[PDB]
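Featured here: a structure holding 5-fluorocytosine.
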Amino acid sequence: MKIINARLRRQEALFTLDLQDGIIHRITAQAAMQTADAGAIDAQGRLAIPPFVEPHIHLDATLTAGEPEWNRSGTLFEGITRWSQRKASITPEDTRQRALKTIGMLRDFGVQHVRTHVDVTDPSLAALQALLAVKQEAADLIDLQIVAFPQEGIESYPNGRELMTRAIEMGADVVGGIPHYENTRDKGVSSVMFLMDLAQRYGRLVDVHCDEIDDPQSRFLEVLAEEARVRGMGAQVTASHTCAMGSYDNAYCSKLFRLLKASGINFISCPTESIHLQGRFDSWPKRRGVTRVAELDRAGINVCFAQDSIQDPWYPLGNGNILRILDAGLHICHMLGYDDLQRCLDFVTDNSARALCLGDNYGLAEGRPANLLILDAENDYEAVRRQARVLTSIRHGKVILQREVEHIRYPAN
Amino acid sequence: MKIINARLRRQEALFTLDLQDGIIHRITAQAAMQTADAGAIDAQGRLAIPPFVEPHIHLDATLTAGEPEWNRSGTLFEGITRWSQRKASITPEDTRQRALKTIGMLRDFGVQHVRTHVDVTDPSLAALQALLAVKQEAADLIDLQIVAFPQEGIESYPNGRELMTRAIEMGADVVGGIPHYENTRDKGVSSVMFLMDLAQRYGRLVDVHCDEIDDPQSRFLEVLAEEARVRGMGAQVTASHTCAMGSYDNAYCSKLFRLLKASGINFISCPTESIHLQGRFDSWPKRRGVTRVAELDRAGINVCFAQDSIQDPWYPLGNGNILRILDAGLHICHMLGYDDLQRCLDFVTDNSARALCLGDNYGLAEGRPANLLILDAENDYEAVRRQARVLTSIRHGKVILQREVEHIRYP
Ligand SMILES: Nc1nc(=O)[nH]cc1F
Ligand SMILES: Nc1nc(=O)[nH]cc1F
Ligand SMILES: [Fe+2]
Ligand SMILES: [Fe+2]
């Protein structure tokens, strides 16, 4: 299949992309606009990018907001209580139906790579069973990674170490954790030691809910980064949230950055989720509660944005559109400078792909899989400013989604 | 013209809206999802609302981002510097062309009511002249209100008082102000006294940029509210921004609220603008810098949301879509409760209309102007969740915008 008149990120020239056998066969700069022969897609000067990535979402909990009760306080902790209640009625088929519906939303907005956390603090591991099957069933739309996520703690929940182990042995791709939620500081530390041992023993990736709390004493990130560094696993390890970093002592944080850089770990921020869940224990002034995204990025540290929740016990909105999350993140993290906006798509594509260790299975380069979108915009700035629609989504060389370009009529002239 | 099968806000019932001679002739409850007759518009269970309002925007500065230099710090103060530079080459034609294009964006997203601030710290009053003209020219799309806004201060700029007076004489609807930017506290206070005298003498509305700064000592709001209360002009008065309130001592703020309630003034918050401009002088933790929107609303005080800027020396983004602003404000102000979401369109429709004193010229009631939208959603919650598109905009009983319903194909 041929795509002509396509823009590529941060370049002026138009390109033709030749897709064959499910991979990108050739990419070639054109002289100017050209005409689509039969069986050629004309991108019409629109941007072609690799697919959006959703590197952190809770598909087991998606679409359960209000069941059986609402999170009245809007806090992380009440959300956990509400989820605990909903867990009483989770079945594999219930999980499957909700997850597939949310996957449809992600697909509608150009997401082809998803990393989902699944709560394994449930002796039945019902949601895990369902999502391991969804991974197979939904492969025509997405590549799904599954994180074994001990929502109620590893050290603090009955048989927590055993449940994490079962989940990894069943084939969860990523080992999770929640050290700030363990009952004591010492158990928070030992949970990190366990999960890293587990990840290393089974050769899995790591993605830990790390310091998702406004307490400036929540410093489990240093433990994770140092284990990553010592074990030589940096690239395989992601720290999600790190909200407490947004409240750290600045002298400590400056020291910390040396280790963060040295460890080579990745960071995920969920700005719409954290703006909603953080700052709840302040009066006024009210902190933003988001990690230091701009600063990590300027230090050469890989950071990206994620939606986290869609209509679940923690977050009542969500429609699958990662560009809305990008917009929120640039605002809250003070990244609306000219240079930030010229490359802002990094934070929902390339950086996220690096966090998920997609390697050569991602990106527009000859020889890589033919997975791409055509966006209704010419560049990064216009993409975020207009919240550009995904006009075409192509997966394994096939068109899986097509939108018409919006047309507004003015009947009164 | 007849619209059938329309949802109205916060009800499950279906309605027919009958429009004649530019007004809403009849609103009738239906007993079913009806088959449409040849002439009728079938809303198909979609929500009909009065138009979105943009109660605070700077049209004179719109689409000037980067001219002649960028706001590198992303601060309110550098923004004023860059604007001062851009103002050096502002002309009426320049203002008119940019303002019309942004008005086009606002129209595209269902905005029919707009209050623009115009910088009158300019002895040529170029932008004001242009916008007074645009108010008439663009009346087929929007009802525009103009605020005489002394960007560089009243007491603090050469002939500031005389320029404010001249701007009002020329026909500005609203008297503006910027007390926290005056050079001393005492001059901030005197500027409020002057601007209230000016508004009261010429019978104009008031809308002040009030305490747009993270300084907890910035307390001009109390002076503004007290003057409003004493003069009996609360309903005519609006305080825009009030970012400092998000940093006030809490005992003081609790006391202040009694005055805010008694004064009857309105509040406008610009969440995307403030999240961008505020908190710049903190390290960590970093404050939100937005006023106490949820608290004002719970105290029965009228508050609403606005875009503030579209691609200007203060804010590099913007596309005219007020629903994105609503989204931002609900998140940043911690108003994502179930109850909040069920009525969240208040903050970009009814509340804003109240701030602009639109009265019976606004709202879906018999006898009122046939100005309304059909949104691609059934209720407030879905409208903000999906960022619902405006499918139809009707003004004075005529369709002025039509969008196709989006249809995704899956091959
Ligand atoms: N933000 C969240 N934190 C958690 O620990 N669980 C689920 C969530 F959505
Ligand atoms: N937020 C703003 N404050 C001002 O004083 N001027 C212009 C703006 F856009
Ligand atoms: Fe999460
Ligand atoms: Fe303003």
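Chain naming is simple here: A for the first sequence line, B for the second, and so on down. Heads up, chain A uses the PDB entry numbers, so what you see runs 1-413. Here chain B follows the PDB entry, giving residues 1-411 in order. All heavy atoms count here, side chains included; hydrogens, waters and symmetry mates do not. Both counts, for ligands and for their atoms, begin at 1 and track the order of listing. Method reported for this entry: X-ray crystallography, 2.0 Å.
All instances of 5-fluorocytosine together account for ligands 1 and 2.
The chain that 5-fluorocytosine (ligand 1) touches most here appears in the PDB entry under the name Cytosine deaminase. In contact with 5-fluorocytosine (ligand 1) at heavy-atom distances under 4.0 Å, by letter: A. Lab note: binding site of 5-fluorocytosine (ligand 1), heavy atoms under 4.0 Å, is A:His58, A:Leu76, A:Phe149, A:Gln151, A:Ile178, A:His209, A:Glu212, A:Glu273, A:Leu277, A:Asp308, A:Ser309, A:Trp314. Scanning the protein for heavy atoms near atom 3 (N) of 5-fluorocytosine (ligand 1), the closest one is A:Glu212 OE1, 2.9 Å.
Close approach to A:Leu277 involves these atoms of 5-fluorocytosine (ligand 1), each under 4.0 Å from a residue heavy atom: 1 (N).
Listed by number with element, the atoms of 5-fluorocytosine (ligand 1) under 4.0 Å from a non-hydrogen atom of A:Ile178 are 5 (O). Atoms of 5-fluorocytosine (ligand 1) found under 4.0 Å from any heavy atom of A:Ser309, numbered from 1 in the order shown, are 9 (F). Remark: 5-fluorocytosine (ligand 1) atoms within the under-4.0 Å shell around heavy atoms of A:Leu76 are 2 (C), 3 (N), 4 (C), 5 (O). The shortest N or O to N or O distance between A:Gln151 and 5-fluorocytosine (ligand 1) is under 3.5 Å.
Looking from atom 9 (F) of 5-fluorocytosine (ligand 1) to the surrounding protein, the closest heavy atom is A:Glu273 OE2, 3.0 Å. According to the deposition, there is no covalent link from 5-fluorocytosine (ligand 1) to a chain. Backbone and side-chain nitrogen or oxygen atoms of A:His209 are examined, and none is located within less than 3.5 angstrom of a nitrogen or oxygen of 5-fluorocytosine (ligand 1).
When only interatomic distances are considered, the shortest N/O to N/O separation between A:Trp314 and 5-fluorocytosine (ligand 1) does not fall below 3.5 Å.
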